[PDB]
Amino acid sequence: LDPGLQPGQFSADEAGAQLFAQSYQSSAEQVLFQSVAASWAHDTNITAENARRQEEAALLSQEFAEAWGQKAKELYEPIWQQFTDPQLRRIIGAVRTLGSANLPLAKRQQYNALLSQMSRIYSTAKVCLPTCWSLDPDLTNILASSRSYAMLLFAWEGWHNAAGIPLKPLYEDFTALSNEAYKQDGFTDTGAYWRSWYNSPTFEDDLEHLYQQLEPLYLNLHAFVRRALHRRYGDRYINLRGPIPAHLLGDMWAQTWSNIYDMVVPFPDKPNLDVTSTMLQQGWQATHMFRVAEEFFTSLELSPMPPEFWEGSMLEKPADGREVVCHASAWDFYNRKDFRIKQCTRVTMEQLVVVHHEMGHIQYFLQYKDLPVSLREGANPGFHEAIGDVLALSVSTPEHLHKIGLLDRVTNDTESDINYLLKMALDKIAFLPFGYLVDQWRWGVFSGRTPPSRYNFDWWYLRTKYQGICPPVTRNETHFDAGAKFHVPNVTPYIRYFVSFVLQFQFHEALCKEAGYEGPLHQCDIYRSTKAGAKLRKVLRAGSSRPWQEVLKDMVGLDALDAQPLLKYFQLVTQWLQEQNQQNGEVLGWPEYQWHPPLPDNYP
Ligand SMILES: *[C@@H]1O[C@H](CO)[C@@H](O[C@@H]2O[C@H](CO)[C@@H](O[C@@H]3O[C@H](CO)[C@@H](O)[C@H](O)[C@@H]3O)[C@H](O)[C@H]2NC(C)=O)[C@H](O)[C@H]1NC(C)=O
Ligand SMILES: *[C@@H]1O[C@H](CO[C@@H]2O[C@@H](C)[C@@H](O)[C@@H](O)[C@@H]2O)[C@@H](O[C@@H]2O[C@H](CO)[C@@H](O)[C@H](O)[C@H]2NC(C)=O)[C@H](O)[C@H]1NC(C)=O
Ligand SMILES: O=C(N[C@H]1CCS[C@H]2CCC[C@@H](C(=O)O)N2C1=O)[C@@H](S)Cc1ccccc1
Ligand SMILES: *[C@@H]1O[C@H](CO)[C@@H](O)[C@H](O)[C@H]1NC(C)=O
Ligand SMILES: [Cl-]
Ligand SMILES: [Zn+2]
């Protein structure tokens, strides 16, 4: 470590800690920048040499974290929790947690290389036929549009085998090293560290309570869709009292069901809410999608994207053969000037929502870029994942779609309200059990309750318990199906997305009220409301300088997560689905919990 980057001497009191924190920030932007730059070079150009430079930059950041983290612990560990300045507590509390910098050098290198190899394996896996298919776009498009049971099965099985099986031995080694590192920071395991970000002694209980309020909405949506799959695929493949086969819901992970809307739409006389075809007819490209998302932000008097964003971002999958990480992500280079999105954008309405999701992250970065780096975060990680989703709730309304030229006909009748709210539910309600269960699985792995000998046994227990799905071919412990989901090999926590999907309806209700809107919640559009813009900007400029409970209270009037706004948004289709399911005499749930589908006749 460069002498200029090493901490000096500071007194062991609160006044000394103020100067320590200032001195830390003055060096940290440089170190953070070089690490983001090296990760950007790798994820937009996966090569062995670019992995090697990324691991070298990671090692420098670990040296920096060790020098400052040890000094902070030595000077302030007994006392920082009593400091009068709550921003100072936030900063010092972060610096004394070293994470992987607790590992000796040889294990640091092992750790950095494991992350490199897990990322390469996930983002370069292919499914070849008996010329090979990538996940994005090839397999994504098959899962979304094919209605041949056997083609869907071939893609689903092929993807889970290709990505999961080789990941398993690396993921075991990663888990052990991660736990060894954070145990030296005082956390019982890595999962406990991740849960600490929510600053709540009752977190797990509070989540269970939320899900108990939401589960009935999921069970009715589930049974209604299951009936529809029955008519299409028949009794041989669909058990009206068992789990749904995991490959038939339009998405590789069965996490969002919007791609089978055409199969379930209650009233097809009304205007087709699937506006993708119109986007194609009109010539929309990826850059147009981003410009339309930007103009919603500026209509609220939030910031445009700076020139550095347009010149630096990767908004399409490269045509030149490069291997890249296609999973959509947003990037803060910690220099107050460079901010980018990396997305293999495809021209669809669902992707237009993802564009808003990622641009919400960049807007957060723009609004807090002048805080100290330790505070350039969301109030919690759920806040970050929700910002763009909130605006896209307004964009999705048929009224807004009309205003931007993607929906021609105009109707305001109960049947049209039902089509809209069902299409939204296929995305927002279907996701809830998946957003909840993923980190239940990972917390059990980190705690040792789930050893390698039960990785897949326990994955499928939770997938069946919560989503009511089952694998369409037989699995055993050679498979590692959790590993075939981006966030597991790329070590990105997941409970933030369950929090986000509840939070975004709390945000929407508040901003619609501030906008002066007085109609049904699900018809609100906050476009061009400078008052709603100013209330959102307060949240974004706070970063993590204040407890998320306080920030939320200012915004919506309540200091806790609450499912009632979500329930109120969906109320009308909740009632409709209950009545459809009673009328058809459905069983709510999957009491034949053992059931799996047979194979197709001469498969492959
Ligand atoms: C589509 O039609 C529905 C009615 O079928 C419209 O909903 C109604 O919209 C009005 C407009 O403000 C709402 O009026 C408000 O009522 C509350 C009731 O407490 C009151 O506090 C306000 O001062 C205001 O008068 C009304 O509540 C709402 N719901 C009804 C009539 O059942 C809707 O606006 C129409 N949407 C579009 C896009 O045209
Ligand atoms: C674990 O499963 C694999 C894959 O096949 C699964 O199990 C079969 C019995 C069948 O039900 C498939 O639909 C499942 O997906 C097993 O590996 C295969 O074993 C069969 C023998 O039955 C053999 O014909 C194949 O060549 C094998 N495939 C590969 C890639 O090796 C495996 O034996 C099962 N057990 C263990 C411990 O891994
Ligand atoms: O969050 C992200 N990308 C989105 C894009 C698709 S939509 C969205 C809502 C649904 C749940 C979740 C899903 O797709 O599984 N999700 C995403 O992953 C990125 S910013 C996560 C990330 C952060 C840092 C480095 C790398 C990645
Ligand atoms: C990809 O990275 C290599 C280094 O391994 C570099 O030589 C090459 O120019 C890069 N390609 C692009 C398109 O940036
Ligand atoms: Cl999280
Ligand atoms: Zn995100």
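Numbering, chain A: per the PDB entry, residues 1-130, 135-608 in sequence. Header entry for method reads X-ray crystallography, 1.8 Å. In listed order, ligands and their atoms are each counted from 1.
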Practice item. List the drug name recorded for ligand 3. Key: omapatrilat
**Study point:** Chain with most contacts to omapatrilat (name per UniProt)
**Key:** Angiotensin-converting enzyme, soluble form
Exercise for review: For atom 17 (C) of omapatrilat, find the nearest protein heavy atom and state the residue, atom name and distance (0.1 Å precision).
Suggested key: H331 NE2, 3.7 Å
Review point. Counting each atom of omapatrilat from 1 as listed, which ones have a heavy atom of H365 under 4.0 Å away?
Key: 20 (S)
Check your understanding: Do any nitrogen or oxygen atoms of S333 come within less than 3.5 Å of a nitrogen or oxygen of omapatrilat?
Key -> no
**Study point:** Distance from atom 7 (S) of omapatrilat to nearest protein heavy atom, with residue and atom
**Key:** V358 CG2, 4.1 Å
Review point. At a 4.0 Å threshold, what atoms of omapatrilat neighbour a non-hydrogen atom of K489?
Key: 13 (C), 15 (O)
Practice item. Identify, by atom number and element, the atoms of omapatrilat in contact range of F435, meaning under 4.0 Å from any of its heavy atoms. Key: 11 (C)
**Study point:** Close-contact set for omapatrilat against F490 heavy atoms, below 4.0 Å
**Key:** 27 (C)
**Study point:** Close-contact set for omapatrilat against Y498 heavy atoms, below 4.0 Å
**Key:** 11 (C), 12 (C), 13 (C), 15 (O)
**Study point:** Option nearest atom 4 (C) of omapatrilat (shortest heavy-atom distance, choices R500, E362, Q259)
**Key:** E362
Check your understanding: Does the protein put a heavy atom less than 4.0 Å from atom 24 (C) of omapatrilat?
Key -> no
Check your understanding: Hey, is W257 touching omapatrilat through its side chain, its backbone, both or neither, going by heavy atoms under 4.0 Å?
Key -> neither
Review point. Considering only chain A, which UniProt domain carries most of the residues contacting omapatrilat?
Key: Peptidase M2 1
Practice item. Run the numbers for me: atoms of omapatrilat, each under 4.0 Å from some heavy atom of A332, listed by number. Key: 2 (C), 3 (N), 19 (C)
Check your understanding: Among protein heavy atoms, which lies nearest atom 16 (N) of omapatrilat, and at what distance?
Key -> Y501 CE2, 3.8 Å
Check your understanding: Which chain positions lie within 4.0 Å of omapatrilat by heavy-atom distance?
Key -> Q259, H331, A332, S333, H361, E362, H365, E389, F435, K489, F490, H491, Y498, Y501
Omapatrilat N/O to protein N/O, distances under 3.5 Å:
unit_1	atom_1	unit_2	atom_2	d
omapatrilat	1 (O)	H361	NE2	3.3
omapatrilat	1 (O)	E389	OE1	3.2
omapatrilat	1 (O)	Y501	OH	2.6
omapatrilat	3 (N)	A332	O	3.0
omapatrilat	3 (N)	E362	OE2	3.2
omapatrilat	14 (O)	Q259	NE2	3.4
omapatrilat	15 (O)	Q259	NE2	3.1
omapatrilat	15 (O)	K489	NZ	2.8
omapatrilat	15 (O)	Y498	OH	2.7
omapatrilat	18 (O)	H331	NE2	2.9
omapatrilat	18 (O)	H491	NE2	3.2

